[PDB]
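Written below as structure tokens is the structure these notes are about.
First the proteins, then the strands, lettered A, B, ... as listed; each starts at 1. Modified residues: written as parent or X. Their additional atoms: not counted in contacts.
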Number of protein chains: 2
Amino acid sequence: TXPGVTXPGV
Amino acid sequence: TXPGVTXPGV
DNA sequence: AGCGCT
DNA sequence: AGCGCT
């Protein structure tokens, strides 16, 4: 996720 | 990806 | 440090 | 079987 905690997605 | 080869994303 | 399958 | 970081 994020970043942080990519996306989703990308 | 896909599925197959989710998304991205989800 | 944390998303989702056919 | 295959996406992407700050």
Drug at chain A from bremelanotide, dusquetide, dactinomycin
dactinomycin
Return the other chains, by letter, having a non-hydrogen atom closer than 4.5 Å to dactinomycin (chain A).
B, C, D
What does the deposit name chain B?
actinomycin D
